[PDB]
Every structure is written in C-alpha cells, then in structure tokens.
Protein chains: 2
Amino acid sequence: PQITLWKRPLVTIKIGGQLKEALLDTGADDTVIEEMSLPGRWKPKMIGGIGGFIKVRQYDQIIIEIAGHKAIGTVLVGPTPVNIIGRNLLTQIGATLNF
Amino acid sequence: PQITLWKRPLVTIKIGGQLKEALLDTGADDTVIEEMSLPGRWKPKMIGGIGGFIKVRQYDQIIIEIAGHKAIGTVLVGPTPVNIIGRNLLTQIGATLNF
Ligand SMILES: CC(C)CN(C[C@@H](O)[C@H](Cc1ccccc1)NC(=O)O[C@H]1CCOC1)S(=O)(=O)c1ccc(N)cc1
Ligand SMILES: [Cl-]
Ligand SMILES: [Cl-]
Ligand SMILES: [Cl-]
Ligand code: NA
C-alpha cells in the first residue's frame, strides 16, 4: 500500500506464531520487539536514542510477516515502548519513502 | 524522490540559514533537532523515545527546508542523538511509505 503519515504507520505483524502491532520506522536501524520468546541463539546488545539506551537480546534469522509480506532477518527483543519494524526488515519488503 | 532503506535516510535540511544533516524518521511523531538558536517563544514538551521520556523546547511556525522541500512547522530542540525529521514535517512535504 501507500501509507500516509498523519498518524503513526502501524501494521499487524506475525512473529513467533504471535500477532502484534508494530510501527514501520525508517529511523530505526534494526527491528525491536517487546518481550517474547524466540528460537535459537542470541547475544546481548545495547540500543539507544531519545531518552537513552536499553539492553536487548539479538536473535538472527527470524521470519516476520509484515502486513502480509514475509521477511527474514535479525530481531532484537527487550523493553521497547513500542514494537518497531526497522530498516533491516523494511528493505526486504521493498519499502520506500516517497515525496 | 524514492528513498530506499539500505542505508539511513539522511538528507540535508536548512534551518536558520544553515545546512544540517537529518534523518527522515517515520517512527518519530515530532521533529527534534540538536541545540541551536531559533527565534521567538518556546513552550515545554515531553517526548518519548526508546529510553524514556525527556523534556524539549517547542518552537512553532519555524521555516525549514527538507531535501529542498520548503516547510513551516513545529521544531523541537533538545538532547537528541541526531536531527530527526518526524511525521509532522514528513506529512507537510508529502512523504508516504510505499511497498
Ligand atoms: C531516535 C532514532 C534515531 C532511533 N529510534 C527510532 C525512532 O523512530 C523512535 C521510535 C520510538 C517511538 C516511540 C517510542 C519509542 C521509540 N522515535 C522517537 O524517538 O520518536 C521521538 C523523537 C521525536 O518524536 C518522538 S530508536 O527507537 O531509538 C531505535 C534505535 C535503534 C533500533 N535498532 C531501533 C530503534
Ligand atoms: Cl538483518
Ligand atoms: Cl531495492
Ligand atoms: Cl507542524
Ligand atoms: Na537464529
């Protein structure tokens, strides 16, 4: 679709067999989701921005369906205020910002 | 333009006669720029980011150019990792997400 920016660009995602609402975020390097279980290995990471940093778990090679479009990549998991689809997965669904 | 997301969507902005680099950030409700001098009165605002809520200064009706596109709107000033062009100004310039 073409999504305007009058309101937050929220979509439904499917991750880890769960449905979640998430923000399509061109300002986020990497996808970060609220606490949930994911399979496989992980390693700790710190990410930061407005308000400072949080500690997350980095899981690689995770499949997320994003508004009906499947994509695989790294998913960070931790105490994010909002679920965020970042550039690492936006690229895979062919998302662009147009003006 | 059509901006892909393989790298950060950084553009040049012009504010206060000066060129600066800024990030086109669909996950940011608001535009926030690093400390600088802007004209007029300001009002307080709280904004939330990944690490928590912070206080910033809100300036209204500020002239700003974004990638050559003229805008006039609200600019926040405060402790910010990067200059952020958020949805208030992305909407002005006609930016949409597309996939
Ligand atoms: C600040 C940018 C440069 C980076 N962030 C993305 C931003 O879109 C961020 C997303 C968000 C929205 C609402 C609550 C919390 C976070 N919005 C944001 O702070 O909105 C403020 C600034 C003005 O308007 C309000 S991030 O969340 O720190 C981040 C960092 C690393 C990763 N991998 C993922 C996310
Ligand atoms: Cl990735
Ligand atoms: Cl591409
Ligand atoms: Cl505005
Ligand atoms: Na993995």
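To find a chain's letter, count down the sequence lines: the first is A, the second B. Chain A is numbered as in the PDB entry; shown residues: 1-99, in order. Numbers in chain B track the PDB entry; the residues on display, in order, are 101-199. For ligands, and for the atoms within them, numbers begin at 1 and follow the listed sequence.
Of verapamil, idarubicin, dequalinium, amprenavir, acebilustat, the match for ligand 1 is amprenavir. Contacts with amprenavir (ligand 1) are greatest for the chain named in the PDB entry as Protease. Other chains, heavy atom under 4.0 Å from amprenavir (ligand 1): A, B. The residue-level binding site of amprenavir (ligand 1) (heavy-atom cut-off 4.0 Å) is A:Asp25, A:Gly27, A:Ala28, A:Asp30, A:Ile47, A:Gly48, A:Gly49, A:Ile50, A:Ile84, B:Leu123, B:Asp125, B:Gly127, B:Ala128, B:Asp129, B:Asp130, B:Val132, B:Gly148, B:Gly149, B:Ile150, B:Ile184.
Of all the atoms in amprenavir (ligand 1), the ones that sit under 4.0 Å from a non-hydrogen atom of A:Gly27 are 2 (C), 3 (C), 4 (C), 6 (C). A:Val82 CG2, 4.0 Å is the protein heavy atom nearest to atom 13 (C) of amprenavir (ligand 1).
Among protein heavy atoms, atom 31 (C) of amprenavir (ligand 1) sits closest to A:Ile47 CB, 4.0 Å.
The shortest contact between atom 27 (O) of amprenavir (ligand 1) and any protein heavy atom is with B:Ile150 CB, 3.5 Å. Taking any N or O of A:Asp25, backbone or side chain, at least one lies under 3.5 Å from an N or O belonging to amprenavir (ligand 1). For amprenavir (ligand 1), the atoms lying closer than 4.0 Å to a non-hydrogen atom of B:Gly148 are 18 (C), 19 (O), 20 (O), 21 (C), 25 (C).
Distance screen at 4.0 Å: atom 29 (C) of amprenavir (ligand 1) has no protein heavy-atom neighbour inside the cut-off. Near B:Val132, with a cut-off below 4.0 Å to any heavy atom, the atoms of amprenavir (ligand 1) are 23 (C). Taking every non-hydrogen atom of B:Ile184 and a distance limit under 4.0 Å, the qualifying atoms of amprenavir (ligand 1) come out as 1 (C). Atom numbering of amprenavir (ligand 1) starts at 1 in the shown order; those under 4.0 Å from a heavy atom of A:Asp30 are 32 (C), 33 (N), 34 (C).
The protein atom (non-hydrogen) at minimum distance from atom 20 (O) of amprenavir (ligand 1) is B:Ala128 CA, 3.5 Å.
Every atom of amprenavir (ligand 1) is numbered from 1 in the order shown, and the set under 4.0 Å from a heavy atom of B:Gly149 is 15 (C), 16 (C), 19 (O). The deposit names the source of chain B as Human immunodeficiency virus 1.
Listed by number with element, the atoms of amprenavir (ligand 1) under 4.0 angstrom from any heavy atom of B:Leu123 are 3 (C).
Every atom of amprenavir (ligand 1) with a heavy atom of B:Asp129 under 4.0 Å away is listed here by number and element: 24 (O), 25 (C).
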For amprenavir (ligand 1), find each of its N or O atoms that sits under 3.5 Å from a protein N or O atom, and tabulate the pairs with distances to one decimal place.
{"unit_1": "amprenavir (ligand 1)", "atom_1": "8 (O)", "unit_2": "A:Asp25", "atom_2": "OD1", "d": "2.9"}
{"unit_1": "amprenavir (ligand 1)", "atom_1": "8 (O)", "unit_2": "A:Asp25", "atom_2": "OD2", "d": "2.6"}
{"unit_1": "amprenavir (ligand 1)", "atom_1": "8 (O)", "unit_2": "B:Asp125", "atom_2": "OD1", "d": "2.7"}
{"unit_1": "amprenavir (ligand 1)", "atom_1": "8 (O)", "unit_2": "B:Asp125", "atom_2": "OD2", "d": "3.1"}
{"unit_1": "amprenavir (ligand 1)", "atom_1": "17 (N)", "unit_2": "B:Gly127", "atom_2": "O", "d": "3.1"}
{"unit_1": "amprenavir (ligand 1)", "atom_1": "24 (O)", "unit_2": "B:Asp129", "atom_2": "N", "d": "3.4"}
{"unit_1": "amprenavir (ligand 1)", "atom_1": "24 (O)", "unit_2": "B:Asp130", "atom_2": "N", "d": "3.1"}
{"unit_1": "amprenavir (ligand 1)", "atom_1": "24 (O)", "unit_2": "B:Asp130", "atom_2": "O", "d": "3.4"}
{"unit_1": "amprenavir (ligand 1)", "atom_1": "33 (N)", "unit_2": "A:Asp30", "atom_2": "N", "d": "3.2"}
{"unit_1": "amprenavir (ligand 1)", "atom_1": "33 (N)", "unit_2": "A:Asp30", "atom_2": "O", "d": "3.1"}

